[PDB]
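One structure is given below, encoded as structure tokens.
Reminder, nothing fancy here: chain letters follow the sequence lines and each chain counts from 1. As the structure lists them, so they are numbered: ligands from 1, and atoms in each ligand from 1.
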Amino acid sequence: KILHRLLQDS
Amino acid sequence: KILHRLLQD
Amino acid sequence: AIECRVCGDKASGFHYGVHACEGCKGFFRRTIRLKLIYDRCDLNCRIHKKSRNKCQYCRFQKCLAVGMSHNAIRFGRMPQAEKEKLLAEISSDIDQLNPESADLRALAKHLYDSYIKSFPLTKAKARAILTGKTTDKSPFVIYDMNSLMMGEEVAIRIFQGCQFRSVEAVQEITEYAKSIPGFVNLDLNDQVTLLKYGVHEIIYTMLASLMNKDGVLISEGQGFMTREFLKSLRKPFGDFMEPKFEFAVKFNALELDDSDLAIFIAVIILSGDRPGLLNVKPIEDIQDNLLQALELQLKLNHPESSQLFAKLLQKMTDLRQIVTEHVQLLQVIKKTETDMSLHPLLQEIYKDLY
Amino acid sequence: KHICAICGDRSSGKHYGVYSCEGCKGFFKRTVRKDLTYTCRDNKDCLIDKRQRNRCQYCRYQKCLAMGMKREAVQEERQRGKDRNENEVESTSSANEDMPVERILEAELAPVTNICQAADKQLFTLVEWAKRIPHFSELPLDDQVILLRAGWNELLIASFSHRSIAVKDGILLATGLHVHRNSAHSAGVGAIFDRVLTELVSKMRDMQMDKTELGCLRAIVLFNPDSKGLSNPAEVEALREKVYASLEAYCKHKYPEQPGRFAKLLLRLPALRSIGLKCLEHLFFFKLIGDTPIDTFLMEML
DNA sequence: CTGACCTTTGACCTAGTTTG
DNA sequence: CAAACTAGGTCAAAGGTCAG
Ligand SMILES: CN(CCOc1ccc(C[C@@H]2SC(=O)NC2=O)cc1)c1ccccn1
Ligand SMILES: CC1=C(/C=C/C(C)=C\C=C\C(C)=C\C(=O)O)C(C)(C)CCC1
Ligand SMILES: [Zn+2]
Ligand SMILES: [Zn+2]
Ligand SMILES: [Zn+2]
Ligand SMILES: [Zn+2]
């Protein structure tokens, strides 16, 4: 749920 | 003790 | 990108009518420039980069069979290198480099490249820094307070010195994952799941690259902390690292290169045996093809390593083995201490983990 | 030329990265090569100087590590035959069956307080099963105990999680009880129990795990060379590689339509271990907590 | 077991060969 | 001749041995 951010931003 | 016994034979 | 006809490492050129390395070149010339007789050896030794300096008779003997000749010496240029410029195997590249196999090596190369751009310190770099064969300054060893004090409750400075690293690695692993054929296409909920459980296993695998029986490379690889040092810390933090060292000693024996580590890592992130997954068939799908790719990477890189593929997949149960055992200690800490300023990213990952 | 950074004596140049005296260079080598472990008798403080450097090895090797001596800078015995293999073939054409799959197969064919009843009852079975698995009995009677002590836990779980094929949302203890899912949550062990259903029972189930394949896996979980104590780990580590071989071939024969089956079968192993560890966790929590409902064979096992 | 003392390896550089 | 290569030589650094 903080990871959601790294998986959705490149 | 037990494991050793059953294994003994 | 040629190899040596005697041992293996890249050749340094055409020495005595054959592609030989600097070591095998000068071994041959030394055996001749000096009448040298090496007592027979019935055993047909396998000459490789390492074993090369074991049986002298078996080494010389072999390199005479490969063609090395004192009367085959040749200076000059390569007039028709163009001939043998197609790596003289581009005919088995239309046979071996295919069919439903040409793709496997294509997948590997892709990952090996995605791995190189994702992580700064690869096993390659790390082993030079460790074997000292590099144009750098010897890592600043840290075997006690004195040395530690020269960085620019202590047990804790170090403990949280790690938690800090993870965070950085996690960001790196993450981008690596986002380049695994089909990882983005998976349902965002399992994309996240696959990582909550992945990172840890991924870490100890990587982490073991910069570790030897005696210590571990730190801070970019410009520092080295002794195992003996860490092993001796505040009551609860002494054991904290042993398991990692034990594992690393075993994992390293397998001698895997970055090329092999780069696929193995992808196999871990993609494991359909994780809790909370929805579409398991998709995930498993990518894995199956990745495993099928790693199996070939090992056979071609370690032709003679018996059951390496099987042994490598066994280390996978030892990873979980660590991780859950680590979580236990991390659990203990919550009691015999009151300052758990563990980073908020580690909080997500760590909480709820089996 | 220089001064040895380890003891102070005169250094004959560089060795493994540091300016060492010929003495220290030889100490480091021998230590790394014969993979030795030294212990200190003081407080890891022993002083290293040309006179008293043999006074204590542990301290000396650490003085080495610290002054920067690198272990990997050491090559290994330029004098090995390094081939534990017998000339030509050791079992004509590998035999492939130095660990016969049939033998294993045969060997395989041979709320809470209720579970443990199965365990104990089942723990006398293991000596029987293992006894029947080839090359086990030819092993040192000590390593046999070490091997079975370190793995009864996992071996036992992987046995019934297969026996619970079909029988969904529940499992059959070895005696006869059909402990069903919801029947656990009440006891508080619903987390663990569910994991067994979902990453073992389930997975195992959708794979059609051949009763053989199972036994082949239990063998691999048995022949665990990492167990601490084996007077000889090399032998144990071997009997496992043999079983990797047998089972490995056994899929090429029986499941040719599935090339990646062998791997899929080995990946059931990681989960079998987490689940296994979490269980021990729920035993050293029911024992030291005086609830003591177990029997007798569970006393040496813990 | 240590460590004085002796043998090899092989990475790197120079001086001479051959192709274009 | 320049450019493209090699046989050799060199010396630090690894390896070995075997009285003490
Ligand atoms: C011992 N080193 C090397 C890295 O060693 C590591 C060991 C364990 C982990 C796992 C982290 S730590 C944690 O609590 N949770 C995690 O996921 C991460 C890194 C140090 C120590 C101090 C400063 C820098 N480097
Ligand atoms: C799995 C499991 C548990 C652990 C039991 C152990 C360590 C062994 C069981 C062996 C059996 C059930 C063998 C058989 O009869 O085949 C506990 C009690 C925490 C609760 C429910 C889930
Ligand atoms: Zn070579
Ligand atoms: Zn030989
Ligand atoms: Zn010294
Ligand atoms: Zn000491």
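- Located at ligand 1, the drug is listed as rosiglitazone.
- The drug that appears at ligand 2 goes by the name 9-cis-retinoic acid.
- The chain sharing the greatest contact count with rosiglitazone is, according to the PDB entry, Peroxisome proliferator-activated receptor gamma.
- Within the structure, the other chains placing a heavy atom under 4.0 Å from rosiglitazone are, by letter, C.
- In this structure, residues within 4.0 Å of rosiglitazone (heavy atoms) are C:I158, C:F159, C:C162, C:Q163, C:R165, C:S166, C:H200, C:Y204, C:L207, C:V216, C:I218, C:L230, C:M241, C:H326, C:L330, C:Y350.
- In this structure, chain C contacts rosiglitazone chiefly via UniProt domain NR LBD.
- The UniProt annotation of rosiglitazone binding in chain C and a heavy-atom cut-off of 4.0 Å around rosiglitazone together pick out C:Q163, C:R165, C:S166, C:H200, C:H326, C:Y350.
- Covalent bonding of rosiglitazone in this entry: none to a chain.
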